J.: 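Attached: Hyoscyamine 6-beta-hydroxylase with hyoscyamine bound.
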Amino acid sequence: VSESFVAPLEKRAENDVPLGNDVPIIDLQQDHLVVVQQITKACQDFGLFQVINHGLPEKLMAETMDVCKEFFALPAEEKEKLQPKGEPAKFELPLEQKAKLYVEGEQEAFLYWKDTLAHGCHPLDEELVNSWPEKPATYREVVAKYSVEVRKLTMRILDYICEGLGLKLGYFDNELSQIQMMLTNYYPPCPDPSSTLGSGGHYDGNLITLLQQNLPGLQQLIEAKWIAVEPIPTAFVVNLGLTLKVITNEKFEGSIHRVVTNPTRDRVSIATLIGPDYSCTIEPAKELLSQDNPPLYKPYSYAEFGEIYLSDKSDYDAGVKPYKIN
Ligand SMILES: CN1[C@@H]2CC[C@H]1C[C@@H](OC(=O)[C@H](CO)c1ccccc1)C2
Ligand SMILES: [O]
Ligand SMILES: [Sr+2]
Ligand SMILES: [Sr+2]
Ligand SMILES: [V+3]
């Protein structure tokens with residue numbers, strides 16, 4: 001493997017990470033109060049859970065995975081059309097909503113063993129969709145339907161979260177969820193998995209993420225122990241973001257997770273990252289604060305947070321360290 005992709009010794013994954021048997025799998029077709037209670041407990045104790053019987057069509061999930069895999073099978077000459085000035089874009093502000101191919105890593109500088117297609121999905125209009133990939137031919141039709149369905153499911157989950165916290169329904173149905181970035185991640189086979197990472201350990205910086213996977217590689221950090229997240233092809237993995245950790249005043253955990261490489265087979269995952277506009281002010285929900293529950297963060301600019309989150313990887317929560325109080 002090229003030295004560009006060699007992770008620092010301490011960040012390298014061990015070869016036998018055990019299955020996370022305690023990862024909650026929440027059936028959304030249970031009684032309403034049972035769903036609210038199970039989601040609440042998962043958010044409080046884990047910050048990562050799976051949802052099943054979630055009302056998003058299984059056929060649409062399969063068609064979206066198909067067209068995402070078809071995109072990454074396109075030849076070089078087509079993929080160049082999504083590389084600004086001949087190279088992949090970087091996860092840095094301003095983060096534009098038009099489709100680009102992205103490179104990612106840490107600055108002992110190294111790169112993640114990953115190609116990422118990213119674009120905005122909300123609101124859907126002619127201008128946004130016309131900035132999506134031209135190939136495959138059905139990408140725009142399928143991903144337009146997928147993005148609406150994934151948003152619908154995310155807003156259902158956020159309203160379950162509202163009921164669990166004692167916030168009014170629709171608390172997050174505003175500026176706090178106005179950005180919907182869809183990241184299609186391609187992990188080609190890696191000749192030295194012991195030295196590389198598909199994706200470094202991170203919180204998602206946004207509010208909430210729904211992740212679709214059909215192959216192993218996703219791992220979560222629990223009380224410095226890593227566990228493997230079982231791939232369920234018809235489920236969504238829910239990762240609570242650093243923004244939700246702040247707004248709930250740490251009553252909810254954020255999901256710290258990474259992706260390991262595979263020597264023999266490729267892997268495609270689809271992450272829908274919903275969260276605030278860059279103009280937003282983030283603070284602990286006033287409605288939940290008291291003398292017994294004082295705010296642990298001061299108000300901050302999401303744009304200012306974003307710049308630190310995307311550059312400083314000295315700690316998982318480096319993004320919010322400057323805003324910590326009490
Ligand atoms: C694995 N990496 C992590 C998470 C996804 C991917 C790319 C990057 O995250 C983002 O670019 C998101 C886009 O919403 C972001 C940007 C600024 C603020 C909050 C969130 C870091
Ligand atoms: O992510
Ligand atoms: Sr190029
Ligand atoms: Sr175009
Ligand atoms: V993530």
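Residue numbers run from 1 in the order of the sequence given. Only this structure's heavy atoms are used, side chains among them; waters, hydrogens and symmetry mates stay out. Atoms within a ligand are numbered from 1 in the order they appear, just like the ligands themselves. Recorded method is X-ray crystallography, 1.8 Å.
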J.: Quick one: which ligands or chains go with hyoscyamine?
T.: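 Every copy is at ligand 1.
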J.: With a non-hydrogen cut-off of 4.0 Å, what is the binding site of hyoscyamine (ligand 1)?
T.: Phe91, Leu95, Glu104, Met181, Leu183, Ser199, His202, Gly205, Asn206, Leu273, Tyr302, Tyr309, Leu310
J.: Identify every other ligand or ion with an atom closer than 4.0 Å to hyoscyamine (ligand 1).
T.: ligand 2 (oxygen atom)
J.: So if I count the atoms of hyoscyamine (ligand 1) from 1 in the order they appear, which ones are less than 4.0 Å from some heavy atom of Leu273?
T.: 5 (C), 12 (C)
J.: Give the residue, atom name and distance (to 0.1 Å) of the protein heavy atom nearest atom 7 (C) of hyoscyamine (ligand 1).
T.: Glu104 OE2, 3.6 Å
J.: For hyoscyamine (ligand 1), which atoms sit closer than 4.0 Å to a heavy atom of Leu95?
T.: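 Selected atoms, number and element: 11 (O), 13 (C).
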J.: Give the source organism of chain A as listed in the PDB entry.
T.: Atropa belladonna
J.: Under 4.0 Å from a heavy atom of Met181: which atoms of hyoscyamine (ligand 1) are those, numbered in the order shown and with their elements?
T.: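 Going through hyoscyamine (ligand 1) atom by atom, the ones under 4.0 Å from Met181 are 14 (O).
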J.: Are any of the N/O atoms in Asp204 less than 3.5 Å from those in hyoscyamine (ligand 1)?
T.: no
J.: Within a distance under 4.0 Å of any heavy atom of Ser199, pick out the atoms of hyoscyamine (ligand 1) and give their elements.
T.: 1 (C)
J.: For atom 15 (C) of hyoscyamine (ligand 1), what's the nearest protein heavy-atom neighbour? Residue, atom name and distance, please.
T.: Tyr309 CE2, 4.1 Å
